[PDB]
Peer 1: 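Below is a deposited model of 16S ribosomal RNA with paromomycin as ligand.
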Amino acid sequence: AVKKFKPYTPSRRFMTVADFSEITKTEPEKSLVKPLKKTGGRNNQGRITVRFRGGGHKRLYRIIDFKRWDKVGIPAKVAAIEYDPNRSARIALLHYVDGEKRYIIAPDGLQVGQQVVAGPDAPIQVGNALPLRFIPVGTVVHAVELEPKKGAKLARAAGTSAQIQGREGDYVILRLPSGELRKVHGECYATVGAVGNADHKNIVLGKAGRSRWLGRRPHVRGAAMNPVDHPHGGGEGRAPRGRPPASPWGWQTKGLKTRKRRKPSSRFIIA
Amino acid sequence: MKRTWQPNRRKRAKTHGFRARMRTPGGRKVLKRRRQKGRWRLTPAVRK
RNA sequence: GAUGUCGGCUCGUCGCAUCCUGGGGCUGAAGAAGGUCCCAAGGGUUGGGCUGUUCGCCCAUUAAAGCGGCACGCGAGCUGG
RNA sequence: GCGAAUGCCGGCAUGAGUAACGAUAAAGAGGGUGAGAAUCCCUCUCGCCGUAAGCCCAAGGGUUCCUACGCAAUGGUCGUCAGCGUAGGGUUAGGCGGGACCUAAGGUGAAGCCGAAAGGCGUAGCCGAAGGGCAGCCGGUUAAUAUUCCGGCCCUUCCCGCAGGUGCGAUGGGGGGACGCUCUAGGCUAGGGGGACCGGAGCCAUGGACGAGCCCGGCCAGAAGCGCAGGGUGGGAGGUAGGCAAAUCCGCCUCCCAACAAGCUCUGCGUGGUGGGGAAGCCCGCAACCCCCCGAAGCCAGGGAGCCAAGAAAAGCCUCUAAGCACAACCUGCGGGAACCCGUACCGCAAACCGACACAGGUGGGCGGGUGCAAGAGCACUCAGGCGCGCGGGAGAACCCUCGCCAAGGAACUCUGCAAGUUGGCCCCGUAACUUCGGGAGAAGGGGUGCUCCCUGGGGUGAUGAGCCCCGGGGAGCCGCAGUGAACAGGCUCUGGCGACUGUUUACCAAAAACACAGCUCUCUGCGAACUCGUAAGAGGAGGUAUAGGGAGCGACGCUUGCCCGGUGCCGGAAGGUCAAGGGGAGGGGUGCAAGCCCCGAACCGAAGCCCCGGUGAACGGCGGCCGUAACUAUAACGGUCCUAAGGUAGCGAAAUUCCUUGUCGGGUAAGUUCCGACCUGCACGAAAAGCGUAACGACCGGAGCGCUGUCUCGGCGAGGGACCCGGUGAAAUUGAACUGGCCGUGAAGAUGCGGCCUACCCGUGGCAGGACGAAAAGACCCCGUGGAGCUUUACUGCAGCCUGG
RNA sequence: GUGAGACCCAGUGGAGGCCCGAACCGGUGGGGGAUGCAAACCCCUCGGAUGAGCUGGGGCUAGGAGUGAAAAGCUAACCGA
RNA sequence: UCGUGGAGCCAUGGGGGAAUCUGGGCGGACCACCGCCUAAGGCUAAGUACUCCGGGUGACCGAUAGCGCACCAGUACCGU
RNA sequence: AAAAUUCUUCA
RNA sequence: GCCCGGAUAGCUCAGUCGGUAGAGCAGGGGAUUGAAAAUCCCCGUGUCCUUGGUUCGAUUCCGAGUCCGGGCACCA
RNA sequence: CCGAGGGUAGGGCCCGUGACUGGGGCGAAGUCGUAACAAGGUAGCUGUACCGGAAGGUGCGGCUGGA
RNA sequence: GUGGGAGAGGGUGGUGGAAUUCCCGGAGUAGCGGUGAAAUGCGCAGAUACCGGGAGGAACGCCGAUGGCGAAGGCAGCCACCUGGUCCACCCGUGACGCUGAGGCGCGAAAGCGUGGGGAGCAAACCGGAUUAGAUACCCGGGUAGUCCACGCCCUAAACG
Ligand SMILES: NC[C@@H]1O[C@H](O[C@H]2[C@@H](O)[C@H](O[C@@H]3[C@@H](O)[C@H](N)C[C@H](N)[C@H]3O[C@H]3O[C@H](CO)[C@@H](O)[C@H](O)[C@H]3N)O[C@@H]2CO)[C@H](N)[C@@H](O)[C@@H]1O
Ligand SMILES: [Mg+2]
Ligand SMILES: [Mg+2]
Ligand SMILES: [Mg+2]
Ligand SMILES: [Mg+2]
Ligand SMILES: [Mg+2]
Ligand SMILES: [Mg+2]
Ligand SMILES: [Mg+2]
Ligand SMILES: [Mg+2]
Ligand SMILES: [Mg+2]
Ligand SMILES: [Mg+2]
Ligand SMILES: [Mg+2]
Ligand SMILES: [Mg+2]
Ligand SMILES: [Mg+2]
Ligand SMILES: [Mg+2]
Ligand SMILES: [Mg+2]
Ligand SMILES: [Mg+2]
Ligand SMILES: [Mg+2]
Ligand SMILES: [Mg+2]
Ligand SMILES: [Mg+2]
Ligand SMILES: [Mg+2]
Ligand SMILES: [Mg+2]
Ligand SMILES: [Mg+2]
Ligand SMILES: [Mg+2]
Ligand SMILES: [Mg+2]
Ligand SMILES: [Mg+2]
Ligand SMILES: [Mg+2]
Ligand SMILES: [Mg+2]
Ligand SMILES: [Mg+2]
Ligand SMILES: [Mg+2]
Ligand SMILES: [Mg+2]
Ligand SMILES: [Mg+2]
Ligand SMILES: [Mg+2]
Ligand SMILES: [Mg+2]
Ligand SMILES: [Mg+2]
Ligand SMILES: [Mg+2]
Ligand SMILES: [Mg+2]
Ligand SMILES: [Mg+2]
Ligand SMILES: [Mg+2]
Ligand SMILES: [Mg+2]
Ligand SMILES: [Mg+2]
Ligand SMILES: [Mg+2]
Ligand SMILES: [Mg+2]
Ligand SMILES: [Mg+2]
Ligand SMILES: [Mg+2]
Ligand SMILES: [Mg+2]
Ligand SMILES: [Mg+2]
Ligand SMILES: [Mg+2]
Ligand SMILES: [Mg+2]
Ligand SMILES: [Mg+2]
Ligand SMILES: [Mg+2]
Ligand SMILES: [Mg+2]
Ligand SMILES: [Mg+2]
Ligand SMILES: [Mg+2]
Ligand SMILES: [Mg+2]
Ligand SMILES: [Mg+2]
Ligand SMILES: [Mg+2]
Ligand SMILES: [Mg+2]
Ligand SMILES: [Mg+2]
Ligand SMILES: [Mg+2]
Ligand SMILES: [Mg+2]
Ligand SMILES: [Mg+2]
Ligand SMILES: [Mg+2]
Ligand SMILES: [Mg+2]
Ligand SMILES: [Mg+2]
Ligand SMILES: [Mg+2]
Ligand SMILES: [Mg+2]
Ligand SMILES: [Mg+2]
Ligand SMILES: [Mg+2]
Ligand SMILES: [Mg+2]
Ligand SMILES: [Mg+2]
Ligand SMILES: [Mg+2]
Ligand SMILES: [Mg+2]
Ligand SMILES: [Mg+2]
Ligand SMILES: [Mg+2]
Ligand SMILES: [Mg+2]
Ligand SMILES: [Mg+2]
Ligand SMILES: [Mg+2]
Ligand SMILES: [Mg+2]
Ligand SMILES: [Mg+2]
Ligand SMILES: [Mg+2]
Ligand SMILES: [Mg+2]
Ligand SMILES: [Mg+2]
Ligand SMILES: [Mg+2]
Ligand SMILES: [Mg+2]
Ligand SMILES: [Mg+2]
Ligand SMILES: [Mg+2]
Ligand SMILES: [Mg+2]
Ligand SMILES: [Mg+2]
Ligand SMILES: [Mg+2]
Ligand SMILES: [Mg+2]
Ligand SMILES: [Mg+2]
Ligand SMILES: [Mg+2]
Ligand SMILES: [Mg+2]
Ligand SMILES: [Mg+2]
Ligand SMILES: [Mg+2]
Ligand SMILES: [Mg+2]
Ligand SMILES: [Mg+2]
Ligand SMILES: [Mg+2]
Ligand SMILES: [Mg+2]
Ligand SMILES: [Mg+2]
Ligand SMILES: [Mg+2]
Ligand SMILES: [Mg+2]
Ligand SMILES: [Mg+2]
Ligand SMILES: [Mg+2]
Ligand SMILES: [Mg+2]
Ligand SMILES: [Mg+2]
Ligand SMILES: [Mg+2]
Ligand SMILES: [Mg+2]
Ligand SMILES: [Mg+2]
Ligand SMILES: [Mg+2]
Ligand SMILES: [Mg+2]
Ligand SMILES: [Mg+2]
Ligand SMILES: [Mg+2]
Ligand SMILES: [Mg+2]
Ligand SMILES: [Mg+2]
Ligand SMILES: [Mg+2]
Ligand SMILES: [Mg+2]
Ligand SMILES: [Mg+2]
Ligand SMILES: [Mg+2]
Ligand SMILES: [Mg+2]
Ligand SMILES: [Mg+2]
Ligand SMILES: [Mg+2]
Ligand SMILES: [Mg+2]
Ligand SMILES: [Mg+2]
Ligand SMILES: [Mg+2]
Ligand SMILES: [Mg+2]
Ligand SMILES: [Mg+2]
Ligand SMILES: [Mg+2]
Ligand SMILES: [Mg+2]
Ligand SMILES: [Mg+2]
Ligand SMILES: [Mg+2]
Ligand SMILES: [Mg+2]
Ligand SMILES: [Mg+2]
Ligand SMILES: [Mg+2]
Ligand SMILES: [Mg+2]
Ligand SMILES: [Mg+2]
Ligand SMILES: [Mg+2]
Ligand SMILES: [Mg+2]
Ligand SMILES: [Mg+2]
Ligand SMILES: [Mg+2]
Ligand SMILES: [Mg+2]
Ligand SMILES: [Mg+2]
Ligand SMILES: [Mg+2]
Ligand SMILES: [Mg+2]
Ligand SMILES: [Mg+2]
Ligand SMILES: [Mg+2]
Ligand SMILES: [Mg+2]
Ligand SMILES: [Mg+2]
Ligand SMILES: [Mg+2]
Ligand SMILES: [Mg+2]
Ligand SMILES: [Mg+2]
Ligand SMILES: [Mg+2]
Ligand SMILES: [Mg+2]
Ligand SMILES: [Mg+2]
Ligand SMILES: [Mg+2]
Ligand SMILES: [Mg+2]
Ligand SMILES: [Mg+2]
Ligand SMILES: [Mg+2]
Ligand SMILES: [Mg+2]
Ligand SMILES: [Mg+2]
Ligand SMILES: [Mg+2]
Ligand SMILES: [Mg+2]
Ligand SMILES: [Mg+2]
Ligand SMILES: [Mg+2]
Ligand SMILES: [Mg+2]
Ligand SMILES: [Mg+2]
Ligand SMILES: [Mg+2]
Ligand SMILES: [Mg+2]
Ligand SMILES: [Mg+2]
Ligand SMILES: [Mg+2]
Ligand SMILES: [Mg+2]
Ligand SMILES: [Mg+2]
Ligand SMILES: [Mg+2]
Ligand SMILES: [Mg+2]
Ligand SMILES: [Mg+2]
Ligand SMILES: [Mg+2]
Ligand SMILES: [Mg+2]
Ligand SMILES: [Mg+2]
Ligand SMILES: [Mg+2]
Ligand SMILES: [Mg+2]
Ligand SMILES: [Mg+2]
Ligand SMILES: [Mg+2]
């Protein structure tokens with residue numbers, strides 16, 4: 001729902017946090033599965049290549065399953081729904097009848113105790129992953145694969161989800177979270193339902209820090225630097241860019257389409 | 001106040017060490033030159 | 001191969017084309033006041049409001065609140081608005 | 001062949017016996033020593049520090065440590081002294097810290113990938129430490145070392161043997177190791193305060209005291225056992241699609257038993273056989289070691305609760321099985337043996353480290369006693385302990401520095417209350433507009449504070465009752481000028497501008513109104529993402545996936561954000577126009593006696609780009625002018641007309657913007673180029689280079705008031721550190737050479753140096769700064785040079801990159 | 001309190017880029033210093049001080065390159081290369 | 001020597017792609033003669049260059065010269 | 001389902 | 001103070017090449033109305049600012065000037 | 001002790017006045033249009049919303065006191 | 001109370017077909033549109049007109065009325081669940097328990113506001129084209145908020161019989 005605070009301090013008036021009842025249950029990550037020293041670092045081999053990243057609360061990583069086809073047919077009981085710091089969603093831990101456990105970006109609705117599974121036979125109900133071709137046109141599904149056997153890669157951010165628009169050949173049409181209509185293979189898996197924790201889009205960082213705890217360093221405007229630093233830069237006291245909106249690298253930044261034209265990945269898109 | 005020289009044995013060697021000179025083709029050419037000239041010390045001498 | 005630049009402060013000193021105070025001729029000078037011109041700096045020539053201001057404009061007085069020169073006197077004396 | 005080059009190397013001058021001698025914590029005397037002592041040693045007075053100016057440890061420094069000789073130099077003076085010279089000594093570890101252990105970022109790097117070479121990436125592995133893991137505590141000794149040597153008590157590994165246990169057995173599997181912030185409970189310990197009690201040499205002074213007097217000290221370590229605190233922890237028995245099935249171990253199902261437990265374990269603290277230490281005191285040598293109380297930030301520890309930002313790894317260590325092996329082998333006991341390498345002096349907030357210096361600067365971790373002030377690591381004094389800052393002695397000018405006080409006035413000072421003053425703690429009353437209901441608030445403005453005597457209420461600890469502490473409540477009364485009696489310790493208010501806010505910045509002239517900021521919008525990006533770095537491989541993005549990532553502007557919040565796509569940019573346009581290779585060769589040329597061999601080459605087919613068409617403003621941007629008109633005049637709701645892509649809407653407005661200007665009214669003032677409120681002919685506001693506001697916030701900028709003041713009228717006195725004199729040591733920039741006066745002139749136009757005249761015995765000391773166009777910097781402005789660099793763009797020309805045909 | 005609520009009182013509770021205030025990190029105004037104690041220091045005063053905090057050790061990024069809460073600041077006492 | 005030039009020759013990143021002596025390259029576009037030469041595999045002393053090193057000479061220096069060092073110098077010292 | 005504005009004052 | 005731009009019918013503004021000068025609005029006269037507007041027919045208008053000069057001829061091309069407009073005045 | 005009152009500080013209600021500013025009322029014959037009364041020449045009115053010289057226009061819904 | 005009845009009373013979930021718009025596909029060619037007449041505008045880059053498939057949003061034709069239900073506002077496709085009011089029949093039970101109702105509390109068309117979503121049609125403002133003396137209007141071509149859903153506000157009306 002999102003917690004609100006009385007203004008017993010500015011910023012704390014505008015501040016809001018996520019309701020943690022969905023997760024209220026198992027805060028400590030499963031010592032196996034999640035355990036994975038996660039390496040922080042805002043640059044590659046030397047230089048920074050994504051400005052303004054850095055700092056930000058120590059974060060332990062949690063490995064999730066983005067290809068539930070591992071255990072086809074093997075059902076599992078959702079042991080618990082915990083908080084994952086490395087993502088917008090909430091993951092859910094689930095023990096399989098097999099014994100093996102693992103996390104799954106918890107879908108909106110899924111509840112602890114519910115049984116769930118993955119496969120063709122699999123029943124169409126929130127939490128079960130199936131190959132697209134076997135999923136009722138129109139249903140909402142998330143964590144959609146994009147190419148058979150290559151893992152989930154679509155609609156995984158809290159509250160996101162794509163809708164099955166129709167079949168057509170070995171492919172099926174999908175209106176993705178952005179709204180684009182892409183044809184995706186039939187063998188491509190996906191777990192039924194929406195991502196959940198849709199409230200996310202409503203939390204208000206509130207202060208300047210918080211934005212720091214998230215690991216995002218202060219971002220500085222082009223026109224605030226100088227001729228050398230940026231192209232908007234310079235100008236004897238405050239000025240209107242100088243035309244036309246560009247980036248520190250010098251490419252137009254208002255409307256100039258960037259995706260590669262000759263990309264063979266077209267032919268499967270429409271939006 | 002803090003002055004440019006803040007002594008540290010490890011740094012000094014890890015940085016201008018002999019082994020250090022040897023790894024870089026550039027440092028190799030440093031020792032090359034030093035020996036050439038006649039320097040009594042090729043590497044900034046230090047001891048532990 | 002540098003003569004520090006406006007204003008203020010401190011310290012002055014000089015010119016006279018005199019703002020006072022001294023003399024004196026006219027007066028359309030009754031007296032008192034004045035106006036004007038001549039002789040004369042010896043000594044005087046206020047405290048505030050506003051502005052960085054010099055300058056002025058006001059306030060309250062005054063015998064008068066003179067004009068001007070000394071690298072628009074004076075930063076190896078001060079201040080830097 | 002030198003006289004000049006702010007020439008170069010060296011030497012020596014001037015300033016100059018001048019400035020200065022490095023914290024204003026402070027000295028005095030008497031003994032020694034010695035050729036010679038303010039300065040070295042000893043004693044006695046005195047002052048300074050005491051979250052230290054004292055102890056301990058890292059880093060760094062490397063003999064500075066200790067002893068004996070020493071004083072040329074070094075030491076800002078002196079020097080018998082020394083961190084100095086010469087010489088000799090000195091650093092002892094299975095347990096402390098590193099290594100024959102572990103992993104982190106990162107490094108390196110088999111494989112593997114890449115790159116003209118050099119090289120770049122890079123899996124396992126390896127390297128990598130204040131992190132993990134690992135066995136020593138209390139004393140005693142040396143001139144100098146000690147958890148190292150010695151004493152006492154207590155341990156750890158390996159190796160061998162013995163005895164009893166058991167499926168023993170990995171580099172493999174699993175568990176564990178293992179983790180955040182804030183707040184916390186209970187016991188303890190460190191530490192500290194009391195004692196009428198215990199042990200002591202002694203002490204009655206100067207009017208009093210033989211006193212429950214005064215003064216000193218009343219602990220430390222310690223196996224097993226035993227206590228008191230905890231911390232960890234269900235056992236069962238079956239199944240078993242997982243732990244890249246090797247497992248009786250994990251993990252999942254299922255079911256007898258068992259639960260805010262007990263037991264089992266593992267630490268902490270007492271206690272403990274016994275060992276050790278043990279003052280003030282005189283000739284330098286007498287021993288208790290008990291009882292209360294306050295009590296941690298440390299310990300039990302992996303305790304608890306709450307929170308969102310969601311909090312290393314690996315080994316040791318358990319456990320499971322594989323090969324193998326079961327004569328092994330591990331396990332537990334018990335004895336015997338074995339136990340290497342490196343460091344260990346000393347300095348360590350400083351004279352031994354980093355600052356050329358014995359430099360007022362900088363330097364990480366731990367302990368940091370007592371009393372009083374609400375508390376505290378703050379403040380004053382003071383323990384332990386350590387210092388009096390390596391030039392002194394006088395004098396008592398000006399002038400400067402730091403500092404105290406002041407009549408009357410009280411901001412008149414001045415750009416400005418700059419500065420300094422006032423105010424200042426705690427307790428209680430009592431507190432406005434406005435407001436986002438939090439705040440404003442410590443608003444303002446007040447009263448209280450000492451000591452003594454009585455009465456009185458809770459609490460902890462005991463034991464409910466004494467003490468010992470811990471919070472109060474009500475009376476009487478005493479003395480001062482004054483009761484946080486010293487020290488530490490906001491001046492308050494009203495009203496504007498800017499920015500919401502805490503925050504960041506020009507290390508070394510700018511801390512702001514600038515940057516950032518949550519938040520708003522635009523745009524890109526469907527994942528081998530876009531974007532960035534790289535020739536590449538690869539990496540970041542991100543072990544993310546449109547509620548996500550990149551770029552851009554605005555910048556909390558409230559009310560809002562208008563018109564114009566003509567030009568420009570971007571977006572969309574399968575048509576057209578133009579269009580490069582290349583395709584195609586109508587037709588023509590060179591040659592050959594020829595077949596030929598060689599060249600040119602028109603139609604047409606030929607991309608992207610451009611042209612063209614249409615969209616687009618929280619995309620670059622733009623957002624008018626002149627005449628006329630109302631029944632007093634004025635003014636002009638109304639009319640006309642030129643021009644445009646379209647003519648500035650709301651709001652605001654002589655403003656961080658207004659030139660004319662001190663606009664013009666009004667407020668404030670005795671008086672107001674500033675300020676506040678208005679007006680609007682806005683030179684030249686205006687809506688996300690956002691417009692207008694706004695509670696709160698600000699070492700931000702403006703205007704006023706009250707309070708208090710040496711800011712001032714207007715200065716005076718006083719203190720200390722210098723200045724001055726004497727003794728010691730002794731620089732500097734500058735300097736053509738000097739025997740260096742005024743005025744009126746003259747002179748390259750501002751003369752000590754020419755002319756004329758006027759002054760003026762020779763030489764210093766303390767002062768003042770008018771001149772020597774004083775010093776300092778080959779002017780930073782200016783211009784010049786076909787000098788240079790940084791930056792811009794619809795300058796030129798290229799290149800990366802991106803698009804594109806073949 | 002109501003039908004149930006919301007909401008309202010006390011008490012407990014201990015949040016926060018909250019407040020005073022050291023240590024600590026800074027560097028506001030004024031004074032001194034200016035051949036200094038010092039190639040940025042000292043004095044009085046002042047900002048923050050549970051956070052976008054400060055700090056030790058071990059690492060990585062660099063010359064048209066890095067880094068930058070943005071000053072063309074810093075990159076070993078002078079950085080438009 | 002060759003800066004697109006009438007630009008051959010010798011190399012060669014890309015595309016196409018032969019023949020074995022009636023073969024094949026060259027003689028400055030290109031043809032025709034005439035003549036030279038044998039590609040797509042390799043080796044090869046000497047004459048030549050240099051002076052760390054040893055010697056000999058000097059209308060070379062003679063301690064501010066001559067090497068940066070005549071001397072315990074790539075030292076002291078400065079700098080991470 | 002309609003092209004189309006107006007009528008000084010006092011009586 | 002310098003460099004720019006105009007001016008033409010009553011008004012707002014077109015145009016020229018050296019021969020010609022215009023439009024809209026206004027206005028004058030009829031028409032519709034009961035009467036005004038509107039609307040409908042008819043109509044007239046120019047020293048092309050003054051000014052000298054050129055030319056065969058100037059609103060137009062030069063030279064001077066008046067007016068009304070806009071734009072610069074920087075380094076200090 | 002209390003105490004008239006005076007002093008200092010902070011609040012509350014109230015009346016007057018103020019550059020300037022907003023509408024309002026009233027005043028024979030000024031200006032611009034003509035919204036309403038006859039489908040008032042787009043039926044009228046109406047709540048709210050935005051826009052315009054001005055009546056007023058348009059949106060959405062409602063009424064008939066319109067057909 | 002017992003037993004029966006009618007209803008667009010209300011809330012939630014699901015669902016149907018027609019139509020408009022857009023998208024793809026086919027087929028087709030010189031206009032379509034719109035009006036009082038026109039023009040703007042869409043169209044040879046292939047529109048209008050016709051067919052097939054798909055998307056999505058809003059509203060439910062006929063039934064349907066001068067009808068029904070609700071306290072009022074208001075409420076209409078179908079289905080299911082949850083739920084209020086109401087009428088008749090039987091005279092069974094209670095035994096005046098009633099009426100009204102300042103204040104309070106709740107509901108309350110449309111428009112408007114907030115947070116997010118949704119967006120086909122329509123459509124203030126706005127932009128064009130006409131009409132006009134002018135035309136910030138009536139007409140035409142576009143067009144944003146809004147209209148839509150959820151949650152929270154607003155609380156007015158010719159909320160009228
Ligand atoms: N009537 C007064 C109120 O204001 C308006 O009315 C005011 C004006 O509109 C009106 O003006 C009229 C004008 O419309 C009409 N065409 C011409 C007339 N001469 C004017 O009249 C007005 O001015 C004149 C002087 O000039 C006075 O003598 C006369 O009393 C006065 N009413 O005069 C009124 C002033 O009183 C409203 N229309 C009216 O409904 C309202 O009630
Ligand atoms: Mg920014
Ligand atoms: Mg800037
Ligand atoms: Mg640009
Ligand atoms: Mg640029
Ligand atoms: Mg710019
Ligand atoms: Mg500007
Ligand atoms: Mg140095
Ligand atoms: Mg080290
Ligand atoms: Mg070394
Ligand atoms: Mg000179
Ligand atoms: Mg005089
Ligand atoms: Mg004078
Ligand atoms: Mg002067
Ligand atoms: Mg000066
Ligand atoms: Mg002078
Ligand atoms: Mg001076
Ligand atoms: Mg100044
Ligand atoms: Mg010479
Ligand atoms: Mg000298
Ligand atoms: Mg002298
Ligand atoms: Mg002297
Ligand atoms: Mg002296
Ligand atoms: Mg000294
Ligand atoms: Mg003797
Ligand atoms: Mg050391
Ligand atoms: Mg030595
Ligand atoms: Mg001796
Ligand atoms: Mg000496
Ligand atoms: Mg001696
Ligand atoms: Mg010594
Ligand atoms: Mg010695
Ligand atoms: Mg050891
Ligand atoms: Mg060994
Ligand atoms: Mg590497
Ligand atoms: Mg490598
Ligand atoms: Mg190692
Ligand atoms: Mg270690
Ligand atoms: Mg640890
Ligand atoms: Mg360790
Ligand atoms: Mg560990
Ligand atoms: Mg150890
Ligand atoms: Mg021990
Ligand atoms: Mg010692
Ligand atoms: Mg076993
Ligand atoms: Mg393990
Ligand atoms: Mg642990
Ligand atoms: Mg406790
Ligand atoms: Mg104890
Ligand atoms: Mg005691
Ligand atoms: Mg006595
Ligand atoms: Mg003890
Ligand atoms: Mg099992
Ligand atoms: Mg196996
Ligand atoms: Mg004990
Ligand atoms: Mg206790
Ligand atoms: Mg086996
Ligand atoms: Mg032995
Ligand atoms: Mg030691
Ligand atoms: Mg310390
Ligand atoms: Mg040093
Ligand atoms: Mg000293
Ligand atoms: Mg020092
Ligand atoms: Mg420190
Ligand atoms: Mg206190
Ligand atoms: Mg102290
Ligand atoms: Mg006085
Ligand atoms: Mg007095
Ligand atoms: Mg004054
Ligand atoms: Mg004055
Ligand atoms: Mg002033
Ligand atoms: Mg000022
Ligand atoms: Mg002050
Ligand atoms: Mg109020
Ligand atoms: Mg007393
Ligand atoms: Mg006090
Ligand atoms: Mg203080
Ligand atoms: Mg105030
Ligand atoms: Mg600010
Ligand atoms: Mg703060
Ligand atoms: Mg700083
Ligand atoms: Mg600075
Ligand atoms: Mg500041
Ligand atoms: Mg500063
Ligand atoms: Mg990743
Ligand atoms: Mg974005
Ligand atoms: Mg962003
Ligand atoms: Mg901004
Ligand atoms: Mg702004
Ligand atoms: Mg705009
Ligand atoms: Mg435009
Ligand atoms: Mg366009
Ligand atoms: Mg295109
Ligand atoms: Mg061609
Ligand atoms: Mg083309
Ligand atoms: Mg106009
Ligand atoms: Mg008139
Ligand atoms: Mg008239
Ligand atoms: Mg304007
Ligand atoms: Mg407008
Ligand atoms: Mg104005
Ligand atoms: Mg003014
Ligand atoms: Mg302006
Ligand atoms: Mg002005
Ligand atoms: Mg002015
Ligand atoms: Mg006045
Ligand atoms: Mg002012
Ligand atoms: Mg003033
Ligand atoms: Mg004003
Ligand atoms: Mg502006
Ligand atoms: Mg803008
Ligand atoms: Mg404003
Ligand atoms: Mg500030
Ligand atoms: Mg004074
Ligand atoms: Mg004195
Ligand atoms: Mg002397
Ligand atoms: Mg002269
Ligand atoms: Mg002479
Ligand atoms: Mg002479
Ligand atoms: Mg003298
Ligand atoms: Mg002088
Ligand atoms: Mg002097
Ligand atoms: Mg000079
Ligand atoms: Mg020069
Ligand atoms: Mg030139
Ligand atoms: Mg350069
Ligand atoms: Mg060009
Ligand atoms: Mg009720
Ligand atoms: Mg509470
Ligand atoms: Mg704070
Ligand atoms: Mg100063
Ligand atoms: Mg000075
Ligand atoms: Mg402070
Ligand atoms: Mg604070
Ligand atoms: Mg570090
Ligand atoms: Mg380091
Ligand atoms: Mg560079
Ligand atoms: Mg920074
Ligand atoms: Mg740079
Ligand atoms: Mg050429
Ligand atoms: Mg050939
Ligand atoms: Mg050839
Ligand atoms: Mg040849
Ligand atoms: Mg040949
Ligand atoms: Mg060869
Ligand atoms: Mg050879
Ligand atoms: Mg030599
Ligand atoms: Mg000689
Ligand atoms: Mg060195
Ligand atoms: Mg009329
Ligand atoms: Mg009439
Ligand atoms: Mg009439
Ligand atoms: Mg005319
Ligand atoms: Mg009025
Ligand atoms: Mg009126
Ligand atoms: Mg009407
Ligand atoms: Mg009408
Ligand atoms: Mg109509
Ligand atoms: Mg009508
Ligand atoms: Mg009404
Ligand atoms: Mg209007
Ligand atoms: Mg209006
Ligand atoms: Mg108008
Ligand atoms: Mg309208
Ligand atoms: Mg209607
Ligand atoms: Mg109704
Ligand atoms: Mg109606
Ligand atoms: Mg009706
Ligand atoms: Mg449409
Ligand atoms: Mg079609
Ligand atoms: Mg077709
Ligand atoms: Mg309903
Ligand atoms: Mg019912
Ligand atoms: Mg009865
Ligand atoms: Mg309503
Ligand atoms: Mg509505
Ligand atoms: Mg609105
Ligand atoms: Mg609103
Ligand atoms: Mg429409
Ligand atoms: Mg009409
Ligand atoms: Mg709805
Ligand atoms: Mg209401
Ligand atoms: Mg009705």
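Throughout, a chain's letter reflects where its sequence line sits, starting with A, and its residues are numbered from 1. The header says X-ray crystallography, 3.5 Å. Partial entry; contacts are within-part only. Order of listing sets the numbers, starting from 1, for every ligand and every atom in it. All values below come from the heavy atoms of this structure, side chains included, with hydrogens, waters and symmetry mates left out.
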Peer 1: What is the full set of ligands or chains that belong to paromomycin?
Peer 2: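 You'll find it at ligand 1.
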Peer 1: I'm curious which other chains sit close to paromomycin, say any heavy atom under 4.0 Å. Can you tell me?
Peer 2: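 Other chains with a heavy atom that close: I.
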Peer 1: I need the residues around paromomycin for a figure - heavy-atom cut-off 4.0 Å, please.
Peer 2: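 The heavy-atom binding site is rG25(I), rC26(I), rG27(I), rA28(I), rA29(I), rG30(I), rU31(I).
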